[PDB]
Novice: 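The structure follows.
Chain naming is simple here: A for the first sequence line, B for the second, and so on down. What you see of chain A is 4-43, 46-48, 74-196, 225-252, 285-299, 310-610, where the numbers are those given in the PDB entry. Heads up, chain B uses the PDB entry numbers, so what you see runs 4-43, 46-48, 74-196, 225-252, 287-299, 310-610. Order of listing sets the numbers, starting from 1, for every ligand and every atom in it. Determined via X-ray crystallography, 3.1 Å. Both backbone and side-chain heavy atoms feed into the values below; hydrogens, waters and symmetry mates do not.
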Amino acid sequence: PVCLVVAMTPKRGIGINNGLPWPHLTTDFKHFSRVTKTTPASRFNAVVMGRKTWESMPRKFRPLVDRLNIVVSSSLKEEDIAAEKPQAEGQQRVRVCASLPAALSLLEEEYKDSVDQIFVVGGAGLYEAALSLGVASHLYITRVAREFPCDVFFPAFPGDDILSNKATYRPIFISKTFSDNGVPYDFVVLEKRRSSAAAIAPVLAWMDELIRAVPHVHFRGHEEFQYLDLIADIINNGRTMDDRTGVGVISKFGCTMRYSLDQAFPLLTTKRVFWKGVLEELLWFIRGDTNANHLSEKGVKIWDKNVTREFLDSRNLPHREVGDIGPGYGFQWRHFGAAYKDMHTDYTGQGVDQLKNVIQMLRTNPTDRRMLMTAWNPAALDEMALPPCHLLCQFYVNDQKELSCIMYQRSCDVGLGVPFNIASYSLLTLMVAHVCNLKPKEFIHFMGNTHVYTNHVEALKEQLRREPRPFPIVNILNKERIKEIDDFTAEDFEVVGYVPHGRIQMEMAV
Amino acid sequence: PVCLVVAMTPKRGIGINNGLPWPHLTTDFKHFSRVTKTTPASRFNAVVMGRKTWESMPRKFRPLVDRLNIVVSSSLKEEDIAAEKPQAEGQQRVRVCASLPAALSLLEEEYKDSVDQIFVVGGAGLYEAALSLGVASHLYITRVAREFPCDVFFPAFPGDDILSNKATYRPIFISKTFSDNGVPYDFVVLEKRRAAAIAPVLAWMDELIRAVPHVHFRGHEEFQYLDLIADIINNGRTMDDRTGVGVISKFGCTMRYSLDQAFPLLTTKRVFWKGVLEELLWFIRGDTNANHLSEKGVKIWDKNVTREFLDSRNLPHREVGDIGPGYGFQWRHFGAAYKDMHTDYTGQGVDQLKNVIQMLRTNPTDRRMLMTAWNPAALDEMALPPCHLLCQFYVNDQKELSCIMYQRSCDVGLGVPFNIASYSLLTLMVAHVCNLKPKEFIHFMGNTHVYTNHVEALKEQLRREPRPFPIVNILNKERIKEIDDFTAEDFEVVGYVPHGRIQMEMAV
Ligand SMILES: NC(=O)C1=CN([C@@H]2O[C@H](COP(=O)(O)OP(=O)(O)OC[C@H]3O[C@@H](n4cnc5c(N)ncnc54)[C@H](OP(=O)(O)O)[C@@H]3O)[C@@H](O)[C@H]2O)C=CC1
Ligand SMILES: NC(=O)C1=CN([C@@H]2O[C@H](COP(=O)(O)OP(=O)(O)OC[C@H]3O[C@@H](n4cnc5c(N)ncnc54)[C@H](OP(=O)(O)O)[C@@H]3O)[C@@H](O)[C@H]2O)C=CC1
Ligand SMILES: C#CCN(Cc1ccc2[nH]c(N)nc(=O)c2c1)c1ccc(C(=O)N[C@@H](CCC(=O)O)C(=O)O)cc1
Ligand SMILES: C#CCN(Cc1ccc2[nH]c(N)nc(=O)c2c1)c1ccc(C(=O)N[C@@H](CCC(=O)O)C(=O)O)cc1
Ligand SMILES: Nc1ncc(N2CCN(c3ccc(Cl)c(Cl)c3)CC2)c(N)n1
Ligand SMILES: Nc1ncc(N2CCN(c3ccc(Cl)c(Cl)c3)CC2)c(N)n1
Ligand SMILES: O=c1ccn([C@H]2C[C@H](O)[C@@H](COP(=O)(O)O)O2)c(=O)[nH]1
Ligand SMILES: O=c1ccn([C@H]2C[C@H](O)[C@@H](COP(=O)(O)O)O2)c(=O)[nH]1
């Protein structure tokens, strides 16, 4: 009974020029070491590797310490390796076998009572052989989110859908996303499938009491499970209600999520998120721009259905031009309380610049607890095309110059809006962190009326069948040029290692 | 090995005039039945009771079905009981014994292989006898939070600190607060003390202060607050602060409290209720004169409206006691031009409270039922920027009202228990005025922290196990039709039995 351990690009790439495709991934090596070395005493674990894999390792690390080293080869001889370096006391002698079945028989014959767990460590020859023999029970895969140039590949296998879009190997473990040297990765484990509290228990018994996302995944480290469990939760336990749009709603009240920003970026992978949109909208907010046609001209039509002549009239605003959101979001952000006229007016210097206040406070007095920005203006609500959903955000600096952000959202379209909102404010945190010389730490999402529309239910149930991929990294390009929040452009950002599942069509409740 | 099963007032009272002191508590009766009946087949449980207990039960329910009934009496005889009512099919014949030891001997002698668990069910003679013999391994106590006239009391026992203020019996289970017929109560259980291949990956990913760690089932909703305290001290970050006093803080924390059964006025330290009620009415008035609270014995705003603090805020034109355009003001007059605490602002600004209520009364599915105190245009005019800055309301299928409150800065030691009670009361008030049922209060916290000069007192607080939550009743319901109709005397707190007050200085 054998276990395989691999690091892999989304296209199954494992190596190039008898070396690793990526820069050093320290956490991955910690992982490789820990899994292969650990045992309950008398016994040790075995690592079976191909000849080139052996030769790819640098001298000082070979043989792998505290593990029996077996090299599958026909050219290399046991004495070749012995002559390579003197065998350290207490360590096992490096054995060589002609094939994998040979290496397994050697383990059975001379190493019973001596070895615990057998690990196939590479390369493509041994991985393919172990899969052909079907002797592999578990796969320890490190999913390198980025694609690199590779000449050697891990073989295709049933269940390789965990890497990229297309007896089975099903994920039973998915971790949160890590990152080393600008490379995002996570860890999955696949499986071959084909009177103490006893007396307390009866009171427990009478007090005690359907849809789950990828139920087989037992360890749910990936931070996207928050969102997937949130959808299930609302469908399971939510209340069917009437709604402004006329479309049905299953709603919940006061839900919550939080996402790390220090390793990777929470751009949801279980469906493709329109990143061009979030970026272009966020920048639009930051200008204090209130013309939806500027977004519409860039291919970002997210506000068009809510700025039509028809919708502006149902809002009792016949004096609004097509594309005028009124003084919402960006306007209150940069010009709180200023008297609105139209989208074409210059409001420079009017009202309160909340964003500039927050940023200056972050830069001088980061322990202040009044670092808040609100879009909710009860005086101007009837002038907006739609009252803001994400209406407030608060900032917080800790011991280690690490920035976190809370955003309150009164109304959350789980299916369509939520993934977008997570990305939009997580980006804002990165931007503010850079400008104030801070490290981004965490985005915290506080949700009011949290709902899925009835016409989304079927699509979301399909989405729950997909296991999340590692999160991407978002890099700020041109860091030296950008010094203020108004310096960011649409070309100052790089999404690296984004490998989502396919787009899912969901109609915007108008 | 015996288990006791009881319902009890905070003063140990259990009976009056050979009957129960309180109105009918249906959930307790369900509890009693379930605990005493349940078995894994071949066996049944035994209920040992005194003669007066047996006589207190109504005819139809006695003997207790599917349980061997043992009555302790020198007067009553086995044939008296037999003649009383015809023995039904499959039910044990009621047995009479001269003492508790005798009844336990009868269980050993004639009922080995037959009975599973033995339950002492009352009353005053048996409980005391069982505790004296030291044969009780577990106590099933239903803590009735209200006091009632009683002539029969459960005996004083080591660890009766779970009932009220002053081998051992330690709680190992505390449930959420229930209520029936205007009586709050909960359930405690005391105790005599005196896929492996996944794991290697888990271990490498991995790397002190806990409240009442011995209590293993943590159903009581106050555990949220208590665990929040522990969580900040363990995992919080020590920080500088506006007040110069040290702070250990976390960011973005949540709690939620049910309002359908009881009221989350914390029990692990006494909460200044008079204060919460007086301030909340003061908010609803749109009143910005802290001297109106101060005159009523509510001095919570005094330190922040002194001549000195007003000047440190660069407001030398502010008369002592003037919070500027604070919460009350923004609620009823959002965006109105402020003069001083003596001016009438009727008809000025937006009345957010009136809008929220009317929307709840006419269109409860609307998702814009919000009230905000945060006005960035007027922050520099206020004595203190609002901490609780935003609240949102929600109505469900069953006309049940829930309320979220976002707070930017949380003094966990001092402010938080006050704020939980404050907005929970607002929800009750708003529910009443809009013909609705209060369901839930949800607490969203920004900067969550405990001041360094509170940590010692908070550790003392964590050694206290919570008591059942009290009930808040709105008196004079008929008279009250609008949110402005509530007075100080329209409220009644029922069965509030907290631990002693803990002194904690306000970081000025
Ligand atoms: N990131 C990851 O997960 C890993 C990546 N890698 C990368 O991949 C590369 C190594 O992979 P690869 O090129 O496939 O090298 P291999 O380790 O598969 O080397 C092939 C050699 O091993 C022996 N061998 C291989 N297959 C068989 C077989 N079916 N039967 C008998 N003997 C066999 C032979 O030795 P002989 O010549 O004596 O016949 C053969 O020449 C390196 O570039 C390395 O960086 C490697 C391991 C893990
Ligand atoms: N809140 C609760 O959970 C409960 C409350 N109650 C309340 O308590 C009231 C009665 O309780 P209480 O007054 O204690 O009556 P008990 O149930 O203790 O019965 C007393 C009688 O039982 C016999 N007895 C009990 N203990 C002994 C002993 N150690 N040695 C000898 N004989 C014994 C005697 O019978 P005799 O004199 O005939 O020889 C005695 O008169 C009930 O009316 C009810 O209202 C009762 C049960 C549970
Ligand atoms: C939230 C927000 C900003 N907004 C503004 C906006 C305005 C009114 C709304 N109204 C309703 N009912 N739901 C919304 O999500 C919504 C969103 C958006 C509007 C549309 C799309 C949209 O059509 N979907 C994208 C997919 C992006 C995604 O995966 O989320 C697309 O491909 O067109 C996205 C964001
Ligand atoms: C929050 C809030 C409202 N407020 C207003 C208020 C104003 C400034 C503040 N400043 C600081 N630093 N912490 C606070 O908790 C605080 C609270 C209060 C102020 C004081 C007390 C107080 O002295 N303690 C009460 C005990 C009540 C309780 O158990 O919470 C007392 O007995 O005097 C309570 C509430
Ligand atoms: N997740 C995961 N990372 C690396 C490996 N290995 C691939 C190559 N390899 C290795 C060891 C040490 C060094 Cl220094 C070098 Cl350059 C290569 C042996 C271990 C694996 N099997 N799984
Ligand atoms: N937790 C806890 N609740 C109730 C009881 N009682 C059960 C026995 N008892 C009783 C039972 C049923 C009826 Cl109908 C009557 Cl009138 C009295 C008196 C109170 C207890 N022993 N423990
Ligand atoms: O940033 C946003 C803005 C809007 N919405 C969705 C949620 C609600 O379904 C709808 C808001 O319209 P009202 O129902 O609040 O009128 O749009 C979002 O999810 N995110
Ligand atoms: O309703 C309130 C108001 C204030 N505070 C606490 C939180 C902060 O510790 C302090 C206010 O200080 P600043 O927010 O002004 O820094 O008082 C509360 O707990 N509740």
Novice: Write down the name, per UniProt, of the macromolecule bound to ligand 3 with the most contacts.
Specialist: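 With more contacts than any other chain, that's Bifunctional dihydrofolate reductase-thymidylate synthase.
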Novice: I'm looking at ligand 3, any idea what drug that is?
Specialist: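 It's listed as CB3717.
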Novice: If you measure heavy-atom distances to CB3717 (ligand 3), which other chains fall under 4.0 Å?
Specialist: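 Counting heavy atoms only, the answer is A.
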Novice: Tell me which UniProt active-site residue of chain A is closest to CB3717 (ligand 3) and the heavy-atom distance to 1 Å.
Specialist: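 Rounded to 1 Å on heavy atoms, the nearest UniProt active-site residue is A/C489, 7 Å.
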Novice: Quick check, please: with a 4.0 Å heavy-atom cut-off, which UniProt NADP(+)-binding residues in chain A are near CB3717 (ligand 3)?
Specialist: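 By heavy-atom distance, the UniProt-listed hits: none.
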Novice: I'm curious, what organism does the PDB give for chain A?
Specialist: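 According to the entry, Toxoplasma gondii.
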Novice: Could you help me figure out which residues touch CB3717 (ligand 3) at a heavy-atom cut-off of 4.0 Å?
Specialist: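 The site of CB3717 (ligand 3), heavy atoms only, is A/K371, A/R372, A/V373, A/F374, A/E381, A/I402, A/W403, A/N406, A/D513, A/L516, A/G517, A/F520, A/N521, A/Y553, A/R603, A/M608, A/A609.
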